[PDB]
2 protein chains.
Amino acid sequence: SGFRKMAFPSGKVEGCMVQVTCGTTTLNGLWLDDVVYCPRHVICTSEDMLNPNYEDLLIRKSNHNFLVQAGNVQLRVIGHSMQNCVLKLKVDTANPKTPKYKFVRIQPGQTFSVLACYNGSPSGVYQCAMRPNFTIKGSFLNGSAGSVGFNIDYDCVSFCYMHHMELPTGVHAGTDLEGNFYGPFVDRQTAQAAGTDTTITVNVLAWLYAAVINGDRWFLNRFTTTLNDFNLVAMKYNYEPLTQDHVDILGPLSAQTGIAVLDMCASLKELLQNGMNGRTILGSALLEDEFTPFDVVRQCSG
Amino acid sequence: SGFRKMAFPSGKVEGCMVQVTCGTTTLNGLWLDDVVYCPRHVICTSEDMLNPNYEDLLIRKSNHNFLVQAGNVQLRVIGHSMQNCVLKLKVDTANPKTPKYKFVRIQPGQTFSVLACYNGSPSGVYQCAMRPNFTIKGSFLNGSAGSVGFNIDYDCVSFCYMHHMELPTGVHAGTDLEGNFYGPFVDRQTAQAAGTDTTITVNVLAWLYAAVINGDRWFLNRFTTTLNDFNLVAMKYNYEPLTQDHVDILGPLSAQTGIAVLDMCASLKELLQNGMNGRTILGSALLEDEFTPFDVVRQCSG
Ligand SMILES: CC(C)(C)[C@H](NC(=O)C(F)(F)F)C(=O)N1C[C@H]2[C@@H]([C@H]1C(=O)N[C@H](C#N)C[C@@H]1CCNC1=O)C2(C)C
Ligand SMILES: CC(C)(C)[C@H](NC(=O)C(F)(F)F)C(=O)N1C[C@H]2[C@@H]([C@H]1C(=O)N[C@H](C#N)C[C@@H]1CCNC1=O)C2(C)C
């Protein structure tokens, strides 16, 4: 038992991380087969980052302007192109540690692991969720662009996120691996702001089930509610509305604990209207929404 | 910016994880050079686990009672011995992925990453602290014994923990890699209980500095206190007393923020006596004590 914010083991991704330098800008790249993927703003100076014209900037570069290092070994760039907000660098050597992989775009509410890297070197791994406003609450410093987010499915790495920038509220924005931003952001140093965020209700319910599985039961009650009555109060507290598909997704956890979904919604309703009043749930004094139903099953079942 | 519970990248450890079977008991082992380390209770049946005599149990086994699998490959056991609570299995093949490593015993208050494994297969990575009562608040299911805890120093993996068992409060106990338990526990299925835990004060102060570095300043005040006046109130709230060496250790964070240690102790004193009153710090409504000063510097500096 126990319950922790758990990341996927990162070894399969560590073998793909490289350093990419162009000019005096160094950031991280992802080396799969004979292609290195990295944020396109590697081709920018500080002058360019306020209003870059990336088409112009790219035609002014040649292959030998790109310095790619995989640890000690230099990789020779033999071709480049830009796909939306990423650069694709063709190199002369295919990465022998290329895992089975795919590129997937995730949805708000889903979680993934982040391998934070600097100068091509992995520094740390942590779990986060894609927020409803398409930002992530990460931990990133200068030089972290090109760090990637991923899930592991069986033997297969699904890459879902490449880091680009930090917004002024201290949250983070990036693209999928095809270079398309999550959310309404652009890779230029202008005034951009995230929209208002909401709490991911299905995830909160999943975490309440994790609590019951681990013996925290004080918030339960014998009441029940309906989907519409619950959604009515949830709107008022900036919670995402709950769908029948969410109820279905919580099925395995309902079965394991013998507590029906709409039963646990009535518990959540009371916690929203009355607070915790100084008690905790799984060691937290706030309602946690960055564990999916799948995360909970994976950790509380295996 | 941002602040997350961050684990070390696990790749260097993933390459050392093997599956160890003896009888119908399967658990994890650590394969370094030509030795596999695993919990000695792998040699137990369910009968034996209530009152094992491990000397007797071990002499009744031969090398061929031990099935060791590194993924697909079988390793041939050519010798065994017991060192305190671990078993050392000599195998015919040295692990070619052996990293530079050392065995270190950590102190209460220090943090490390855990690579949770089942059947020799890495499942997840998370950060935890060794509590003052020598337990860890982990997340472990049946089959997880032999999972290891580690820090990475430069190119060198320091192994500090091997998982053995869960106590009845749902916390976890294990040994260093020389087989010596942390805390007053034994590897038999008897009634054992952890002593009372306390809050790790130097870590709470480190986390308050992380908060200031990230722009959370509401809890600051212009007051100051002395080490003895602070320690006097901390005792009453089950906080570890603060030493001059702790003050020294917080130096880099004091310098970076321009807020003296004893200055921030006065802030902590007020938070203990008055609570948060519904505000949060770095997204938490409770005082967090599982980040060391080094963790904070590492994440808020690099
Ligand atoms: C003001 C700030 C935080 C420097 C800027 N932010 C915005 O202009 C805002 F609009 F998003 F607010 C921004 O992040 N960048 C500007 C420039 C890089 C991108 C950038 O410096 N990347 C960093 C890299 N490697 C990662 C950043 C640094 C702090 N922590 C991170 O995650 C471009 C091409 C977008
Ligand atoms: C009651 C319980 C939790 C099964 C027992 N606990 C105690 O007897 C207590 F005294 F600690 F309370 C215990 O853990 N074990 C008994 C047996 C194993 C050790 C054991 O089953 N290991 C597991 C393995 N692989 C890891 C455990 C399972 C749940 N989560 C973990 O971490 C020995 C040789 C100590």
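The order of the sequence lines fixes the chain letters, beginning with A. Residues displayed in chain A correspond, in order, to the PDB entry positions 1-302. Numbers in chain B come straight from the PDB entry, and the residues shown are 1-302, in order. Scope of the values below: all heavy atoms of this structure, side chains included, with no hydrogens, waters or symmetry mates. Order of appearance sets the numbers: ligands from 1, and atoms from 1 within every ligand.
Of the drugs nirmatrelvir, piperacillin, pranlukast, the one observed at ligand 1 is nirmatrelvir. Per the PDB entry, the macromolecule in most contact with nirmatrelvir (ligand 1) is 3C-like proteinase nsp5. Lab note - other chains with heavy atoms under 4.0 Å from nirmatrelvir (ligand 1): A.
For nirmatrelvir (ligand 1), the residues with heavy atoms nearer than 4.0 Å are A/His41, A/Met49, A/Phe140, A/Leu141, A/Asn142, A/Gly143, A/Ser144, A/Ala145, A/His163, A/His164, A/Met165, A/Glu166, A/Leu167, A/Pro168, A/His172, A/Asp187, A/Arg188, A/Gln189, A/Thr190, A/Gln192. By the 3.5 Å distance cut-off applied to N or O atoms, A/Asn142 is not counted among the residues near nirmatrelvir (ligand 1). Per UniProt, the domain of chain A home to most contacts with nirmatrelvir (ligand 1) is Peptidase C30.
The contact set between nirmatrelvir (ligand 1) and A/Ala145, taken as ligand atoms under 4.0 Å from a residue heavy atom, comprises 24 (C), 25 (N). The closest protein non-hydrogen atom to atom 13 (C) of nirmatrelvir (ligand 1) is A/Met165 CB, 3.7 Å. The closest protein non-hydrogen atom to atom 9 (C) of nirmatrelvir (ligand 1) is A/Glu166 O, 3.4 Å. Every N/O-N/O distance between A/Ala191 and nirmatrelvir (ligand 1) stays at or above 3.5 Å. Distance from atom 16 (C) of nirmatrelvir (ligand 1) to its nearest protein heavy atom, with residue and atom name: A/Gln189 OE1, 3.6 Å. At the top of the distance list for atom 10 (F) of nirmatrelvir (ligand 1), counting protein heavy atoms only, stands A/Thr190 O, 2.7 Å. In this structure, the list of other ligands and ions lying less than 4.0 Å from nirmatrelvir (ligand 1) is empty. Residue A/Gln192 has at least one heavy-atom neighbour below 4.0 Å for each of these atoms of nirmatrelvir (ligand 1): 10 (F). Atom 17 (C) of nirmatrelvir (ligand 1) has A/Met49 SD, 3.7 Å as its closest protein atom, hydrogens excluded (heavy atom only). An N or O contact shorter than 3.5 Å links A/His164 to nirmatrelvir (ligand 1) by distance. The organism that the entry gives for chain A is Severe acute respiratory syndrome coronavirus 2. Near A/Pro168, with a cut-off below 4.0 Å to any heavy atom, the atoms of nirmatrelvir (ligand 1) are 12 (F). For the pair A/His163 and nirmatrelvir (ligand 1), the shortest N or O to N or O distance falls below 3.5 Å. For atom 26 (C) of nirmatrelvir (ligand 1), the closest non-hydrogen atom of the protein is A/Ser144 OG, 3.7 Å.
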